[PDB]
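Caption: mupirocin together with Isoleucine--tRNA ligase, bound form.
In what follows, chains carry the letters A, B, and so on, assigned in the order in which the sequence lines appear, proteins first and then strands, with residues in each chain numbered from 1. Atoms within a ligand are numbered from 1 in the order they appear, just like the ligands themselves. The way this entry was determined, per its header, is X-ray crystallography, 2.9 Å. FYI, side chains are in, hydrogens and waters are out, and symmetry mates aren't considered; it's all heavy atoms of this structure.
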Amino acid sequence: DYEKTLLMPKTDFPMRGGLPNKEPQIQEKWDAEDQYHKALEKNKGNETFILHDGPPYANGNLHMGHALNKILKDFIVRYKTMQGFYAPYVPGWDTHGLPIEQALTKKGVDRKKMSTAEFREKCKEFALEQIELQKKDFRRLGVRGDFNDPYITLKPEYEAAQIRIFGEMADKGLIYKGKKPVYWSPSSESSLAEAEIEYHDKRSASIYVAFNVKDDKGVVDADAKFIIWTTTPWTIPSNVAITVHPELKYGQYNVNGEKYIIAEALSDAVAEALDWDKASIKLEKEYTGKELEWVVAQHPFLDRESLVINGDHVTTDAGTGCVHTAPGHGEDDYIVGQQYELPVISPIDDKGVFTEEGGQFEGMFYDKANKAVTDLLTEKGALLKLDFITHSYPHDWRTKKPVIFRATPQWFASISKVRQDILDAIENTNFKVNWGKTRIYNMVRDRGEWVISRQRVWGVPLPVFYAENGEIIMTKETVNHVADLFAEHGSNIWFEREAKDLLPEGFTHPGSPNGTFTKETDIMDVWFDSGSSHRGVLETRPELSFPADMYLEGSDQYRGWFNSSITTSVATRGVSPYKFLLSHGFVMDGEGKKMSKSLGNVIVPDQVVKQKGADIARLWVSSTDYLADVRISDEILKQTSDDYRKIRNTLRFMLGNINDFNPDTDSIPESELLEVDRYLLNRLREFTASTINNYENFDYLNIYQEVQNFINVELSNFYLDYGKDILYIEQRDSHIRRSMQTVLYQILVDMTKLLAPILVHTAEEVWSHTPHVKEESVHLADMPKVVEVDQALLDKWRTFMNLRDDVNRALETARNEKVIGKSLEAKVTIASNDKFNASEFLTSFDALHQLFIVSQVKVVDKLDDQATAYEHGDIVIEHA
RNA sequence: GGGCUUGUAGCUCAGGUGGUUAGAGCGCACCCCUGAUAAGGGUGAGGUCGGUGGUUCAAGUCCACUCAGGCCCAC
Ligand SMILES: C/C(=C\C(=O)OCCCCCCCCC(=O)O)C[C@@H]1OC[C@H](C[C@@H]2O[C@H]2[C@@H](C)[C@H](C)O)[C@H](O)[C@@H]1O
Ligand SMILES: [Zn+2]
């Protein structure tokens, strides 16, 4: 054959990647050479960019949401590291909380039998047993970071940071004591947490209590009377107010009885429940609960409380739009009340019994002594209204008895104080988008308060012991010694010994002048542990900085790690943790709905790296618009596979068609190239311009677009093909071949670097197969630089490339009739046209036949009617 | 229900300041190559823009309303 003495592409680079068998090994080497540090070595000094890592929970195996997140930060960090910045990424992990605990007994722990320390550990091995578990994944994603020496909220040094924050706050009047409502089961004498309760049918005594309106102000609007629906009985004796829904009300008002107030929404309902339609005799003088939102009335039981009014959000259906609110046994019931200095009624024993506030209620039952109780004061109190029924009332599993809301000693962070100091910061913090500022600027402006304590045994205990019988020791020195103590031993040294040997060595407080000391139990709400990232790590690892440049997490972090971090950061350094703040949506299924086993639509991470590899996973995340929930489906991945396939294949062609090329020696001066070679050079420039800018705005999707378009249209659909007649024929060192190779070497490599952060594996691969590249690893190479572009040229070829597209519809037609079949078989002839000056135009170009990969062409100035006219001239096609 | 939010071709995405026959790539259909071949080229067919009603001479692009989703509170 005449191909024996031909030129061909040669490289071991496979067409089919097989990343799953490939990626691992490639990692182990980066892990070998220890890139991460050397990454910092390279740069070192220079500028610096910090992307503080939000610590994911140390429990379970990573779901897609992580992948997106971590791959987005990896993109961000790598790129940066490539522009030279000293960007040390430091992975984090959440090790405290309650799941991690529930995930113990749900296996077979058997609580009571151990000891706090006897489980802290047994709820700490697991933690670390997870970190490793989840570490491999993140690593498996080619993500890059201090994984060998990450940070974890349970490290002795971390609590240090943990308590000081609290402390600094404390010593600024913010971390006080108080009371909030909490699920409770007297059949355990302790509290519970949602996950600890299931619901069943309880026989509740539905009642529409006849309440009376009164008092001048509470008389501002006529003087009828007040109804009120509540399915529980004892709730009432713990009275504080009534809140309608300002914006929909109509306090009705009506006949005989004593006239009654409710909402229009219920009017009928009410009557349909109290045999009231004893002639549906309409309403009179209807008010506006919206405004009414501040009246006053006194309720039966003993009404030695002027139950005011307020504006709540939602209360439709049920009974009278009255509600009856008691911030003691109702969560949302707790806020609306509280919002305006409203009490905290009857605590009610560790058992179903109360004491204070209760008249006869002193020694009662939580149930039956709430029942016949309802009675007595019903009639003999102002007469009322009653029903019986079955509900959906909560119960404590494991015991299966009932549970009830109760008041309980708790701690909080004065949000009210700080709100503002925060918001102001919120404003002076930048965002990838915009709605995020809003959303969060609003979270805070409605935040309310921060219950910062749980009765669990796994977490930084709040540093507070008592001594004065009034007690409450919590000031500097006392606080610190705890940190200056927690280090050498850990959050363990609290549950270790007694309050005594944990205070300021030989210290003594005026109160409890008996040397006796009682230390608090309550540990902190994990959002604190995590909220203290800017503390325990950003400001404590010599190679970082406090003002992290940008936090990057998912939309549910706007209240989570975002707020709890800034909320905390401010209350210490009165400034924002992060400078920039980028957010990302969730991962839905195909449609765009939630992923869940019960449906069978959950593309899990691992299962994918194992199938299509991770370089695919990455090219996917890049294909999405994270500014909103992103979609993943097996249909999606194929196209993602497809894409990666083309890309891979394309570097493959170049890799082998530069196999014999060698810059140092061969390359041609730009000044000395074939115009067409220049053209693409520039097109590699334009592309480099537009992609580095894209990288800068964290707009990858935009690259997934360009890279793609560029590859198909510019490379394969053209340059590469046209190039075949050069790279395969002309003497191995003919000025023509070497010219094209000179640009290809660049149209390549330079682009190899541009993809480095998104195709971490494949990048490195193409790198290993590229001659004389001067540096082991694409990931330790500065990115190509952005050079000015000879537009005027780019424009000519845009026109020429147009004309091309025409030269084809002219060919296909001709190729359809069989007049031709493989372009090279035809002789093209176009000429000036009244719609285009084809003649004088095609003057500059050369090898028009070659550019059109045909046999021949000729510009004639004129052609005849017979000649099928096109957009860029008059064309005609003919065999040989 | 509350704050914020998403809905354009099979798929991922574009579509200043409202304005001719709504774009890109992939994919697909078909023809060509078989000297990049578990590759390659060419051509073409697919959206009336979630729905409805308005605003304007004119709306995918502004208003309202509505259906379906999503994160977070309320439950
Ligand atoms: C985009 C995400 C989830 C998602 O898109 O959800 C994907 C779908 C869930 C998987 C379904 C599994 C099947 C179960 C079934 O049957 O339904 C959220 C991200 O997660 C990773 C990180 C988690 C840590 O919490 C964050 C922080 C900073 C705080 C300190 O802890 C990240 O910060 C972000 O939160
Ligand atoms: Zn049941």
Quick one: which ligands or chains go with mupirocin? ligand 1
Heavy-atom contacts of mupirocin under 4.0 Å: other chains: A
Report all residues and nucleotides of other chains within 4.0 Å of mupirocin (non-hydrogen atoms). A:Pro55, A:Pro56, A:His63, A:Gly65, A:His66, A:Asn69, A:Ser530, A:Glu553, A:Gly554, A:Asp556, A:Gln557, A:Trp561, A:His584, A:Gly585, A:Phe586, A:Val587, A:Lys594, A:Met595, A:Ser596, A:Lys597, A:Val602
Point out the residues of chain A that UniProt assigns to L-isoleucyl-5'-AMP binding and that have a heavy atom under 4.0 Å from mupirocin. A:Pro55, A:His66, A:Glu553, A:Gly554, A:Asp556, A:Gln557, A:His584
State the covalent attachment site of mupirocin as residue and atom, or none. none
Identify the organism of origin of chain A according to the PDB entry. Staphylococcus aureus
